[PDB]
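Per chain, numbering begins at 1; letters A, B, ... match sequence-line order. The basis for the numbers below is simple: all heavy atoms, side chains too, and nothing from hydrogens, waters or symmetry mates. Ligands are counted one by one from 1 in listed order, and the atoms in each one are counted from 1 as well.
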Amino acid sequence: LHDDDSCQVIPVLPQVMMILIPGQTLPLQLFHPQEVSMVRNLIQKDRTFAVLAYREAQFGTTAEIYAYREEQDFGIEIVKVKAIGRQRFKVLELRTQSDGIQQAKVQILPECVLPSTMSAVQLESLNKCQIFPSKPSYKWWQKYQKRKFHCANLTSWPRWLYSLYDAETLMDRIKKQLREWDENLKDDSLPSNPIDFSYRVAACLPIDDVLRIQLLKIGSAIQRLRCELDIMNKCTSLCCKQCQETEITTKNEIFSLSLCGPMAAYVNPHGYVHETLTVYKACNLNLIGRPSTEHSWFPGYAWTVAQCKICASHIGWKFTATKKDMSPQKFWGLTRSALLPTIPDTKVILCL
Amino acid sequence: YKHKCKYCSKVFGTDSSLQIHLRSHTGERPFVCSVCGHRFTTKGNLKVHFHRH
Amino acid sequence: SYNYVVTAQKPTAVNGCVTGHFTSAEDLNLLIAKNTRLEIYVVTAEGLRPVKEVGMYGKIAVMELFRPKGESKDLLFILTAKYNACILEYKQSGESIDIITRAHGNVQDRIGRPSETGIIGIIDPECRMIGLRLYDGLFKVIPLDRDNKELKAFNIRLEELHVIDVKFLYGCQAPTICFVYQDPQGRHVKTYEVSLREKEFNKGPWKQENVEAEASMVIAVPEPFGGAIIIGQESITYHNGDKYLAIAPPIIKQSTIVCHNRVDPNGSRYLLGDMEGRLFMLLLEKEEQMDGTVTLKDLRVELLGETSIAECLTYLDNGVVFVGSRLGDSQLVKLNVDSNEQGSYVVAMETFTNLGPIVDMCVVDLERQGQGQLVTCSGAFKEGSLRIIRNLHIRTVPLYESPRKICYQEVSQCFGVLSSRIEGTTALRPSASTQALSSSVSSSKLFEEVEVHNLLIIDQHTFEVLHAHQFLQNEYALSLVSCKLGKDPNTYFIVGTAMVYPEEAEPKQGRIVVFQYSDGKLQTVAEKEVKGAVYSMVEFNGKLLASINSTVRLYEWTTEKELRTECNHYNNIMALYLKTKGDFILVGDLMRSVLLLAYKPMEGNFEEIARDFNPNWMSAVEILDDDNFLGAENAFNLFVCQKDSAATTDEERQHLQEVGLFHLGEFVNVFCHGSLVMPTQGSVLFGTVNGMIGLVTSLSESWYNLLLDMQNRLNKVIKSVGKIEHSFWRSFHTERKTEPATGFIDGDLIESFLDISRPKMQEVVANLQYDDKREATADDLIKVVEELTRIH
Ligand SMILES: O=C1CC[C@H](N2Cc3c(OCc4ccc(CN5CCOCC5)cc4)cccc3C2=O)C(=O)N1
Ligand SMILES: [Zn+2]
Ligand SMILES: [Zn+2]
Ligand SMILES: [Zn+2]
């Protein structure tokens with residue numbers, strides 16, 4: 001754990017093209033000796049390398065290695081490694097060294113911890129009533145807003161405005177729609193810390209890369225929550241990233257076949273990771289070939305390559321059932337790097 | 001590394017090990033995209049689709 | 001920018017009141033805390049006599065008197081919000097009155113989370129320690145031995161991390177603290193013994209689990225009985241070891257008891273004030289036994305009457321009580337043995353005007369003499385009032401409801417005031433809306449406690465509510481503007497509202513209503529439906545600028561007397577604050593995101609000139625000039641940012657550079673260009689929560705460098721109560737940051753030059769340079785501060 005605003009020279013994997021959220025898992029599979037030996041030396045040190053944010057990178061996140069496996073198959077030493085994002089940063093200098101790896105002089109960004117809005121206006125006679133009995137309803141929230149924000153009569157703004165900037169209220173509003181995408185998770189699963197909660201939803205939403213960078217560069221966690229909730233309410237249609245305007249699927253089609261949410265990271269037979277979003281119905285997709293069960297990420301289902309009808313780029317795979325006693329008998333698995341969250345027309349702009 | 005299969009892009013340690021696997025790609029469309037599983041007729045066709053990822 | 005801030009009116013709200021023998025052992029004193037000020041009165045049989053008023057370089061957070069063994073009179077412990085601890089002694093030598101500092105230190109720990117229930121400061125009854133609850137899971141102990149002049153302290157880990165209230169218990173063998181805490185199981189009461197030698201916690205005498213769900217207050221009972229009284233919302237219980245009593249009087253259920261005070265030094269009588277102004281008496285009915293013991297038989301609560309919404313209560317003598325109020329005026333009240341004709345034992349004696357909380361204001365030239373008068377919306381709920389401040393002469397116009405916004409329409413010789421009243425729903429009391437001379441209700445069809453919003457038409461001479469217009473059901477009035485629009489020669493009242501429904505978080509519908517007061521009623525001259533909350537409106541050269549959620553929109557007044565959208569500008573931040581100067585438009589949200597927009601008159605659209613996003617809670621903002629912009633942010637700070645003078649890259653021109661930082665010590669709610677008077681340029685008044693009115697004027701670079709020098713020099717000859725340094729007090733402060741001040745000059749410290757001794761006046765002008773570059777005679781600087789005392 002580095003100090004805030006401090007500087008570190010952290011190595012970079014030259015074949016890691018990805019926006020890494022703090023707390024998000026990064027799966028790696030290295031063949032080359034310079035990449036392999038670099039992983040081993042981090043294990044006997046800090047396990048911390050840099051995942052840069054794009055080939056000109058301006059920000060990024062440090063990754064800590066928490067898993068390591070070795071396979072010596074077919075005369076080639078396979079090294080698979082799982083990492084987890086940790087600290088955000090801004091790049092100061094990138095310097096390529098002897099082998100393919102490179103060093104990065106880096107300044108650590110601090111996680112902006114802001115107090116409550118009423119931390120400055122609350123009267124001390126009512127300080128004793130700031131702790132409320134925990135939540136056992138939608139009338140409990142009408143009391144939480146009244147009680148927590150009573151001192152708004154001392155400012156120029158009502159209570160219902162401070163709720164839109166209240167961290168605890170925004171997480172619950174995001175929790176509501178997140179549960180519509182997954183019949184499990186429950187009130188737990190997601191962290192209670194707003195900073196940790198914002199970084200989980202940042203890695204959970206099916207958003208493109210330039211939208212993931214904006215969530216990284218958003219300073220406060222309260223702003224990161226409002227922008228995240230803004231994406232879920234406005235960007236209801238997912239279009240093909242290539243041709244921009246071909247609508248593949250909408251927000252109401254998302255569901256969770258795997259218990260790990262409606263969007264888990266899966267690995268293909270050659271090391272490529274695919275943040276696959278499972279939806280019920282899809283549009284403007286051409287099926288390539290016949291179904292196949294080989295290396296299927298969902299046992300009992302057969303995958304078929306699905307491509308965009310207009311631009312002929314890869315969008316995902318259609319999964320059909322190989323058994324009758326399975327529901328759904330059909331669903332679509334759309335990879336993230338192929339979609340583009342779109343605000344359907346009636347100028348709507350994402351708000352912080 | 002070298003000794004890479006031209007159809008699926010798997011790397012082997014020895015050119016010997018390459019050949020014993022080379023006849024698992026029996027078919028008209030033996031070239032497979034290591035990213036999505038797309039099969040193609042020629043190596044050049046696989047390259048164009050690969051570099052669109 | 002180089003700016004100059006001077007206090008035009010000291011804070012008026014009362015956040016603390018303690019009594020004791022501070023001046024002399026015989027004298028009974030009343031010490032009152034007004035944010036950054038401390039008033040000391042001697043309580044006479046007639047009333048109250050002022051003795052000495054001092055100011056501090058901090059926001060007084062805890063103010064308590066105590067007398068350790070072997071001390072002549074009582075000593076004063078004061079802790080600031082910035083964690084400056086100090087023990088103070090009163091000392092008078094004829095007429096020279098000075099508050100000496102017997103000990104001082106900074107108790108701030110680098111770690112620790114600031115507690116939810118606030119800073120708590122308690123003292124052992126026998127004065128052997130000072131207990132502080134600043135951070136969760138910690139308890140700072142300051143040994144009260146006269147070798148601790150730097151106030152060295154130690155911490156003790158607290159396995160209970162959510163403490164509600166804590167107090168020191170009376171009549172205990174060892175120093176015992178008794179507190180109420182909450183955990184997943186519920187709310188409980190637990191006691192700890194403190195060992196100033198083991199520096200840890202020992203097992204307390206007793207504990208009671210499963211106390212009231214919303215138990216909020218701990219009252220320590222003196223040694224005649226000992227123990228503690230725990231007061232929540234539903235119950236008043238007494239505990240001591242294995243002695244238990246509890247009552248649930250239905251008379252204290254309509255509100256919550258939030259303050260207390262002991263009436264007799266034996267703990268037999270207690271005063272309780274609630275959130276709505278009620279005053280109760282908690283009597284501990286004792287039963288005299290035959291073996292010399294006195295047991296506690298029952299608890300009894302009787303309603304005494306109504307006062308101002310009391311933040312702090314303290315009993316003086318001869319049935320006189322001081323009601324310290326933050327929302328409304330503080331008062332001296334007299335209690336009677338028998339109730340009056342309405343069943344109230346409380347009768348008012350004196351009332352001290354409290355300007356806080358100022359939620360809106362406006363400068364008006366009432367008497368046309370070019371003097372300038374400030375008329376503010378002040379108070380909350382039944383304490384709401386208008387205050388007409390002059391050159392200071394304050395007139396009070398009570399409204400008995402909460403006033404929100406104000407604007408002056410000279411043509412009607414009238415004030416337009418937005419207000420809200422708390423209530424088939426019936427009013428709780430006759431208010432300004434219910435007592436208007438004429439009353440209208442709005443019709444549109446375009447779209448427990450409840451808020452009813454009204455536009456009140458208040459006469460500029462008599463200040464009587466000529467008309468009260470009740471807005472729609474579930475309609476929340478947000479903005480108010482008086483202006484002429486386009487070619488219309490009539491001046492109108494414009495109101496921007498929002499449709500708030502407890503089910504929808506963000507507002508999706510709102511209204512912009514055009515009103516006119518011609519005869520004795522308000523006519524609705526057309527309306528316009530918008531798909532959001534109208535947060536702010538400003539007149540923009542015969543046109544109406546408005547905010548709709550994140551949208552800034554310029555409206556035009558047609559010949560059909562209707563509003564037509566001209567151009568929009570969609571922002572990625574919530575357009576909450578809206579201020580204009582010429583064709584420049586300043587936009588800001590609650591999170592200190594500052595956006596400068598320019599209306600291009602030749603293109604009929606908006607252009608984004610500059611931007612600056614620094615996530616922090618902003619409360620108010622204002623345009624100083626076409627380049628510099630002033631605002632208020634957490635915590636009680638001011639800031640200025642400007643368009644970059646280095647006009648090299650298009651990138652750099654779109655970044656606003658921060659040039660001013662300053663810990664004002666107040667929570668600014670409204671900025672207002674104007675002055676109270678007939679060298680420096682600009683005059684911006686601001687009202688605050690504590691009732692303080694301040695000035696913001698800009699200095700030349702020549703003067704700024706001079707007054708900054710005189711600042712560091714006047715800070716070497718001025719004694720500060722508690723030995724707090726101006727540099728520390730005025731430095732930009734939030735829990736994450738500590739940075740010195742820049743671009744701001746404390747006029748209060750500069751004005752203290754005219755009140756220091758001439759031998760010390762020369763001490764600061766020695767080796768000074770004045771660019772009139774000769775040295776600065778002591779007489780050149782009274783001329784500069786005499787002119788700086790004329791802005792206010
Ligand atoms: O749900 C899904 C959707 C589709 C996705 N798949 C399947 C797939 C392939 O699928 C044919 C195949 C699968 C497995 C093999 C086994 N080998 C391993 C390497 O050495 C030779 C032997 C060979 C060919 C081939 C290439 C890429 C992919 C790819 O991304 C996936 O993994 N799971
Ligand atoms: Zn496409
Ligand atoms: Zn192969
Ligand atoms: Zn492919």
*Which macromolecule in this structure makes the most heavy-atom contacts with ligand 1, going by the name the PDB entry uses?*
Protein cereblon
*Of the candidates zidesamtinib, iberdomide, lotrafiban, which is the one found at ligand 1?*
iberdomide
_So, around iberdomide, which other chains have a heavy atom under 4.0 Å away?_
A, B
*Give the UniProt-annotated (S)-thalidomide-binding residues in chain A that lie under 4.0 Å from iberdomide by heavy-atom distance.*
A:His295, A:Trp297, A:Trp303
*What name is recorded for chain B in this PDB entry?*
Sal-like protein 4
*Most of the contacts with iberdomide on chain A come from which UniProt domain?*
cult
_UniProt Zn(2+) sites of chain A near iberdomide (heavy-atom cut-off 4.0 Å)_ = none
_Binding-site residues of iberdomide, heavy-atom cut-off 4.0 Å_ = A:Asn268, A:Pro269, A:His270, A:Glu294, A:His295, A:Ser296, A:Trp297, A:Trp303, A:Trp317, A:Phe319, B:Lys10, B:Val32, B:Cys33, B:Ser34, B:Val35, B:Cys36, B:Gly37
